[PDB]
Q: 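Next up is a structure, given as structure tokens.
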Amino acid sequence: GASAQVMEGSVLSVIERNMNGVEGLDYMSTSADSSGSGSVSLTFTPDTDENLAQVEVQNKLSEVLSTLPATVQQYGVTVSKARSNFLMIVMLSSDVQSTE
Amino acid sequence: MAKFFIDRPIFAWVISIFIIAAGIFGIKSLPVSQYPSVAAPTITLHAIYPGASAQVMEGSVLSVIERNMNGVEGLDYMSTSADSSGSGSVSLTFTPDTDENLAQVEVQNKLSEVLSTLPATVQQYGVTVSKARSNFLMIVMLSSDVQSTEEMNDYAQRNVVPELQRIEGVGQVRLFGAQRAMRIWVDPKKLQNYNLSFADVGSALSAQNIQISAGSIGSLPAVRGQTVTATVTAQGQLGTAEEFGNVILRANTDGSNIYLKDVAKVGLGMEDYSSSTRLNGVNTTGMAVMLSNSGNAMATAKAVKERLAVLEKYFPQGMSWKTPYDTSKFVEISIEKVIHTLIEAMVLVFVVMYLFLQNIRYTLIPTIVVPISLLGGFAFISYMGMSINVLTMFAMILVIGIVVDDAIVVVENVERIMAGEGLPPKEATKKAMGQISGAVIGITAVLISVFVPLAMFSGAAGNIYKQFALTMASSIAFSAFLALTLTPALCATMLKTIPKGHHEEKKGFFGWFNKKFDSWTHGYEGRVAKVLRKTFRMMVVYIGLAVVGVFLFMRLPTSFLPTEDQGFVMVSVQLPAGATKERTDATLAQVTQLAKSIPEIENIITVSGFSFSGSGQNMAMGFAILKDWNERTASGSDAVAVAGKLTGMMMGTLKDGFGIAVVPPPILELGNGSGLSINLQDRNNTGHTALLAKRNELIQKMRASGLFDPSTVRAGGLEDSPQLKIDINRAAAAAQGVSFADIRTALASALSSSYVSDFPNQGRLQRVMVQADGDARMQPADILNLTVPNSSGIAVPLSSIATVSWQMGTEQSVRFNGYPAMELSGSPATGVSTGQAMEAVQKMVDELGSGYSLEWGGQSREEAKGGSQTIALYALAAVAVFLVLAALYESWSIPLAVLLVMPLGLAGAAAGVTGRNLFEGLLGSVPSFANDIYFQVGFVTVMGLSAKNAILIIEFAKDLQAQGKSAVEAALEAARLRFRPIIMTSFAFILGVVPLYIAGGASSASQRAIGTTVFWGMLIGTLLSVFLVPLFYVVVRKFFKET
Amino acid sequence: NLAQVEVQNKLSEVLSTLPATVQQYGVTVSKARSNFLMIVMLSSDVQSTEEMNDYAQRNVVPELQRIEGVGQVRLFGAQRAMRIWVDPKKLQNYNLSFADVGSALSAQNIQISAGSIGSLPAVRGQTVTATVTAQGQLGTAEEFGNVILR
Amino acid sequence: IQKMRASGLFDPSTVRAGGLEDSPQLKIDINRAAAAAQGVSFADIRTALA
Amino acid sequence: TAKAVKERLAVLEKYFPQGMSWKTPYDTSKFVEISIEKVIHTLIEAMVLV
Amino acid sequence: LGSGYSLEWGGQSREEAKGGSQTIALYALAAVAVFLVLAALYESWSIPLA
Ligand SMILES: CC[C@H]1OC(=O)[C@H](C)[C@@H](O[C@H]2C[C@@](C)(OC)[C@@H](O)[C@H](C)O2)[C@H](C)[C@@H](O[C@@H]2O[C@H](C)C[C@H](N(C)C)[C@H]2O)[C@](C)(O)C[C@@H](C)C(=O)[C@H](C)[C@@H](O)[C@]1(C)O
Ligand SMILES: CCCCCCCCCCCCCCCCCCCC(=O)O[C@H](COC(=O)CCCCCCCCCCCCCC)COP(=O)(O)OCCN
């Protein structure tokens, strides 16, 4: 139940502003959509570890989680240190049952 | 190596170029801060529970959170603090060898599994989990005098805070003040008139103000033939006060709906209303900047100032920004002092070399070799992950005197060989290298073995010693490598052959100086020959001097860091129990009027509602910032004199309450003067009165029947205060139609506040609170008029249900390791060991019944450990030095003679410190020198220099005895040969340390503390060694006839 | 450490989809061995095993589970609590049920937070401030025995 | 995007925006005065829209 | 860990109520320490035999 | 376009920008390394120049 500007101005912008100062942070990118969702991607720099970066991001996010709206805290903010390009695509085919 | 690099100067030059490049790369790639991280990982929670006492908050939130924080890897101890302000704190101090990020994530995970068992309001406000470590950089104060403090806070949070935390190097920006919210002051008289309640207001605010989520028209699981889909929007929240004032509280059939503006008043206000900051009397908004790791302090401060100017170019009319305090100028002053010291040392070395060698091409070698050693040390400290701070700069300043002596001795030996044998520079350099290579290697090994144990201590003191150790040892190693690699090449290429007998036909001032120096050398040789004749009396005199030095060292006060004039003094004001904030504001105004009456104070910052001792309406604190050191060069102008004057003016002016001014010492983890802290814990949970009685009994035992300086033994917590407890009678309530939730609702609606809903105020969400019209809740006779509703109506005046009375309740609750604890702060007077005092305190606590324990807190936890690691480390270092000297000299007796010069420097340093203390005392001043870390560093430096000189003398005396000379003749020749380089190096070191002896200004305590020690130690050590080293050699040669 | 961090992250995402009782009791994550290193006894002849279990949970278990190397301390028992054994033969007489008992216990044993007389946002001329306290809670057996069901 | 096309360096049919193609939406403006004068609480509208 | 637990128990025994005691009839560190001592004795015997 | 509208890169393009000032630095570093190595090995300032 939020706009593309309310989600940023109330949830994403706060995390983006409080996520500065992390060691190895190269840049950030915030993207909110009209479906009531937002994504803050932090792209780190070389000479940086992945687990330490995730731990520092979680520490910075938890100390600022007391300011976000109540419904966001109910749903929670999920962390994903995963890639975005596809390696394989498995396809299941059948003629005796539907796709559901 | 000495002969390999003498025929290949280009290879040595390439190695030096690589070292310089690595040093420059490390210097450009090092963090910059005023002090390193010497504390341990600490995690804090800071829960919020408004409108509650200390016991309720503690037993409801803090105990529940503390009983689950058991099992975290690396937990040292934990403490719990609660007050009457409505806040709590659970501080977990972690054992070393622990990462603070892992500790914080573990604490958050442990709190996540117990958060659902806390009260509803605690979950609404939330529980934070942060780390106590902070790298403070600057303070940005915004003062308008034309706008409210809440307006300035909102402006800073909306246009200033997000602009400062985006700068390179900034790690955190913290605002001091409550945010903005929508406050509704509800008059209870209107509610009782319209027959309403606070629950009705809460329901109306939570129902009329809610976010609506509609969805999409033409959603995906649609019917065949859909071509358009659109998101549906619906606004169901309020954002202005007029909209909140139209909230319907009750709708009737005929109409006449009761709005929120008919029984209450809505408006924008603050969320806490507690703290208030003022700068010189005007309203101010506080913003604290914390420096980030792997960042710079000077560049970050400059960028912050530039951004602040660019923002003030858009500020409204009346606002103004200031930066009264900044910890980035201390490292600036330290770097400029290091550069000035390096330049002065180079000038002194040039002067002494031109005076003693009578040529100009001898002075270029030290000037070329010293900066390379400094760059190598910088590169090493950059490789080890260290940073540039005051301690590293002081270590670099202290190591300048040692890195030049290698080049000095090399050039002196080369020049002596060239003037004696008349050989060209190549052969003379080869001979000098073949003579002194093993000696240089042994000296380097001894210095490394002496400086290694400094980096093996535990605690904050160990972290402080590690900087000096890793800097000085690296600088010494690089200087040794340069003296073995580049110095011989420069001496062989940059020098020219001296004609036969060229010195004598020379005349003028140089001839007179040569004549005088030769006469002094002959006199010194005669005196040494006289000393080598009466060996028994000289040895007994040496033993007497050593025992006197040991006695003078053992009779010195012990400390960690001398108090430094940081440029500001803190002031804590406390009022009687039950005082409101108006009296505290009046006292703060009086304190400001008194502080601006002192010409040494530039800006005064007063904070009302917060103090380090406690947080309450009667507590207050302020920070009087002083002017620059250049404008405070007088007697009664330092921080201590200003603090004394402020205290004297407060004790004669402050009628209500008392205020004490203290100058903040160096790093608070290594804080001296606190004495000895104890925490008395109740094991069986007997109560508060029993624990207070036991605390009073322990205080009486330590004061009268003890030795803990009765002028210091006192409680350090907070005495009880009058309260207004309400004892409800369940029998009387059961006899009527009143339930027990009715009393709870009435008490929650009467005094305390409530957090009901949220609202968007121009982009950001803010809270909506109800304070119940504070005009009513002013007198104690207001709760006794609260009529609590019965089953049908409300007729009970609450005097038949409960009885109100006055009692003495605690205003602060403290727990230590899961037990109720009370803190005490004693102090030994003087000449009494802290170990025996701690044993006496432990025995006294054991005298009480089984169920009352004691535990140390702060620095006492480290003092509880026996001081055996230092003695063991020093013994191991001495054994390593003996082994290295035995491997060098190839004997078991010569190291015994070399090790006899250690007590000389110690006695000299102790005598110098005692003399300076006496001079300060007789002239009215107080003794400012003790046995601190700087004294130990200076003593280690002077003992290393004395060991180097003794090693050189003993090597020259031993290699001259294998040619057919006796011990006395060999010692005399070695002394006559080593007289000149020792004198030159001593003069250079003393003239370079003199600027640190009378240092006055920024960071002058540590400067003088190291300068006096090193100066007197070097002077006495040289004066004693030049006559006692040959004596020790002769004694060891005659006592242990070799194999 | 990282494995436990990711496990906590995965558990926090499905913790709200569990029953109310599981959230009341909570889910405990641990990393320790399944075998025992030692067994500590608390033999006595004056107190029963319930008092000894309570004392061990209050003073012995927390002191032992904070030692370096300890992964878990399982007490063969449980701490003290207030047990209410209801007779269903008597609930039918007064037409009562377990829901009434639970509601009475939750409504008559709730902590009260009063506040402060003379709070900070006050009138000009306020000199005295006092914290108001009310117990509103039961901690004794005969106090719980007097809970009003009707 | 317009000046990137027809410039020789970028080929057409590839220069595209990465936006979400801002769309028309339905806006529902609630009148609290009418809902109060007719006897409709603000929670009923929220339940109906949800 | 066993040594630390035993030391903590010996320290906490001073606060126990009158009547109760403590003991660890099941402990695995004793076997380890006795095995280490036996192996050290065997090493000393081998040294003297050589 | 004017001021205020800056430009940022995404994906490999940023890396391509990083390849704008690193090539000259790499070439200079290789040249100076060869010079220093030759001067240290052959003991001359003229051989590496040639
Ligand atoms: C170099 C270490 C510095 O420590 C801090 O700055 C920390 C960050 C604050 O304490 C910390 C202490 C801490 C950690 O306590 C738990 C924290 O929670 C609070 C906010 O202040 C300080 C003293 C600020 O106090 C706070 O100023 C705010 C404008 C209002 C706030 N008040 C409403 C409460 C008050 O406390 C204040 C005034 O900037 C101090 C300025 C004036 C100084 O000159 C002093 C010398 C500081 O440079 C400092 C002590 O050297
Ligand atoms: C009569 C005889 C006279 C003989 C000679 C007289 C006195 C000569 C005095 C010479 C002074 C030399 C000054 C050196 C300039 C220091 C520049 C430091 C640059 C830097 O950051 O570090 C370098 C680049 O690293 C990177 O990879 C960063 C990438 C960007 C670097 C941009 C620099 C381009 C090339 C500049 C030349 C570099 C100097 C040559 C090394 C690598 O240094 P390092 O840490 O690798 O050191 C090797 C450790 N084993």
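Chain A is the first sequence line, chain B the second, and so forth, proteins listed ahead of strands; every chain is numbered from 1. Header entry for method reads electron microscopy, 2.7 Å. Not the full deposit; the contacts listed refer only to the portion displayed. As the structure lists them, so they are numbered: ligands from 1, and atoms in each ligand from 1.
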Q: Find the chain in most contact with ligand 1 and give its name from the PDB entry.
A: Efflux pump membrane transporter
Q: What is the name of the drug located at ligand 1?
A: erythromycin
Q: Give the letters of all other chains with a heavy atom closer than 4.0 Å to erythromycin (ligand 1).
A: B
Q: Measuring to protein heavy atoms, does anything land under 4.0 Å from atom 11 (C) of erythromycin (ligand 1)?
A: no
Q: Run down the list B:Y35, B:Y325, B:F612 and name the one with the heavy atom closest to atom 43 (C) of erythromycin (ligand 1).
A: B:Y325
Q: Protein heavy atoms: any of them under 4.0 Å from atom 50 (C) of erythromycin (ligand 1)?
A: no
Q: Does the protein place a non-hydrogen atom closer than 4.0 angstrom to atom 6 (O) of erythromycin (ligand 1)?
A: yes
Q: May I ask you to check whether B:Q34 has an N/O atom sitting below 3.5 Å from an N/O atom of erythromycin (ligand 1)?
A: no
Q: Which residues does the binding site of erythromycin (ligand 1) contain at 4.0 Å, with heavy atoms considered?
A: B:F136, B:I139, B:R174, B:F176, B:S275, B:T277, B:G286, B:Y325, B:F568, B:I605, B:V607, B:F610, B:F612, B:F623
